[PDB]
*Asks:* 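What follows is a structure written as structure tokens; I'll ask about it next.
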Amino acid sequence: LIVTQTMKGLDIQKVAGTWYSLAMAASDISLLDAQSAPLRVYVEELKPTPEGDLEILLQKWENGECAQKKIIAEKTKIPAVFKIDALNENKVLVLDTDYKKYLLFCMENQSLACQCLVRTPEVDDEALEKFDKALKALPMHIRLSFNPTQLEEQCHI
Ligand SMILES: CCCCOc1ccc(OCCCN2CCOCC2)cc1
């Protein structure tokens, strides 16, 4: 109950496939500051299951290397809200998407990280505008964005 933008009418099957973390923001600098920061994660692909859960492939920098991760976000009664199982209850919210170009999401435990996902390794000014508007509300204190060259590299090097 801190992020209160969600996507009405979300069809989670339609988010399947390839995505690029074009921009990210968080409530605390420490959540994204170093390469190995806990929530500096780079999304690779979204794989919605038949039962409506959402499997997520990503990379993360750990121990001086770009590690692959696979995680599962389980559906809830709200179609735009999913839960991930770590030792704390942390939920994922889909704020807005057009399926074909962009998707905005936040994860929250208050600790909060949001990303602007895009389908192609290109700077979508309009997707970034909608991301910044969705965020102007929220209490973000660090924001990163990535150029096309970085978006084609593992962990955005
Ligand atoms: C529409 C769904 C977009 C994908 O949302 C998420 C992307 C990455 C996430 O990762 C959260 C942190 C994952 N852990 C980082 C530390 O290593 C273990 C995995 C969570 C949701």
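Positions are given from 1 along the sequence. For the numbers below, each heavy atom of this structure counts, side chains included, while hydrogens, waters and symmetry mates do not. Just follow the structure's listing: the first ligand is 1, and inside any ligand the first atom is 1.
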*Asks:* From the contacts in this model, which chain binds ligand 1 most extensively, according to UniProt?
*Replies:*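 By contact count, the main one is Beta-lactoglobulin.
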*Asks:* Tell me the name of the drug molecule at ligand 1.
*Replies:*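 It's listed as pramocaine.
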*Asks:* Which of the atoms in pramocaine (ligand 1), numbered in the order shown and given with their element, are less than 4.0 Å from a heavy-atom of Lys69?
*Replies:*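 In order of number, 17 (O), 18 (C).
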*Asks:* Could you tell me whether atom 14 (N) of pramocaine (ligand 1) has a protein heavy atom closer than 4.0 Å?
*Replies:*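 Under 4.0 Å from atom 14 (N) of pramocaine (ligand 1), zero protein heavy atoms found.
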*Asks:* Is the closest heavy-atom distance from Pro38 to pramocaine (ligand 1) below 4.0 Å?
*Replies:*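 Flag set, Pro38 near pramocaine (ligand 1).
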*Asks:* Give me the residue, atom name and distance of the protein heavy atom closest to atom 6 (C) of pramocaine (ligand 1).
*Replies:*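 The protein heavy atom lying closest is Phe105 CE1, 3.5 Å.
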*Asks:* Could you work out, for atom 9 (C) of pramocaine (ligand 1), the closest of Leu104, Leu117, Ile72, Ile71 by heavy-atom distance?
*Replies:*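 Comparing heavy atoms across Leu104, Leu117, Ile72, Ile71, the nearest one to atom 9 (C) of pramocaine (ligand 1) lies in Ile71.
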*Asks:* Which of the numbered atoms in pramocaine (ligand 1) are below 4.0 angstrom from a heavy atom of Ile84?
*Replies:*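 Those of pramocaine (ligand 1) that fall under 4.0 Å from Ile84 are 20 (C), 21 (C).
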*Asks:* Between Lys60 and pramocaine (ligand 1), which part of the residue brings a heavy atom under 4.0 Å of the ligand: side chain, backbone, both or neither?
*Replies:*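 Looking at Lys60 and pramocaine (ligand 1), just side chain atoms fall under 4.0 Å.
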*Asks:* Considering only heavy atoms, does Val15 approach pramocaine (ligand 1) within less than 4.0 Å through its side chain, its backbone, both, or neither?
*Replies:*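 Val15 to pramocaine (ligand 1): no contact under 4.0 Å from either part.
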*Asks:* Could you tell me the residue and atom name of the protein heavy atom closest to atom 4 (C) of pramocaine (ligand 1), and the distance to it rounded to 0.1 Å?
*Replies:*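 Heavy-atom neighbour on the protein nearest atom 4 (C) of pramocaine (ligand 1): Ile56 CD1, 3.6 Å.
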*Asks:* My understanding is that we take every heavy atom of each candidate and find the minimum distance to atom 2 (C) of pramocaine (ligand 1). Doing that for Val41, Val94, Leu39, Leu54, which one comes out nearest?
*Replies:*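 Comparing heavy atoms across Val41, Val94, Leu39, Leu54, the nearest one to atom 2 (C) of pramocaine (ligand 1) lies in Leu54.
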*Asks:* Which of the atoms of pramocaine (ligand 1) are close to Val92, meaning less than 4.0 Å from one of its heavy atoms?
*Replies:*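 Contacts of pramocaine (ligand 1) toward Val92, numbered from 1: 2 (C), 21 (C).
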*Asks:* Find all residues with any heavy atom less than 4.0 Å from an atom of pramocaine (ligand 1).
*Replies:*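 Heavy-atom contacts: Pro38, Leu39, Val41, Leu54, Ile56, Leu58, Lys60, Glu62, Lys69, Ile71, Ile84, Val92, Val94, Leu103, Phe105, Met107.
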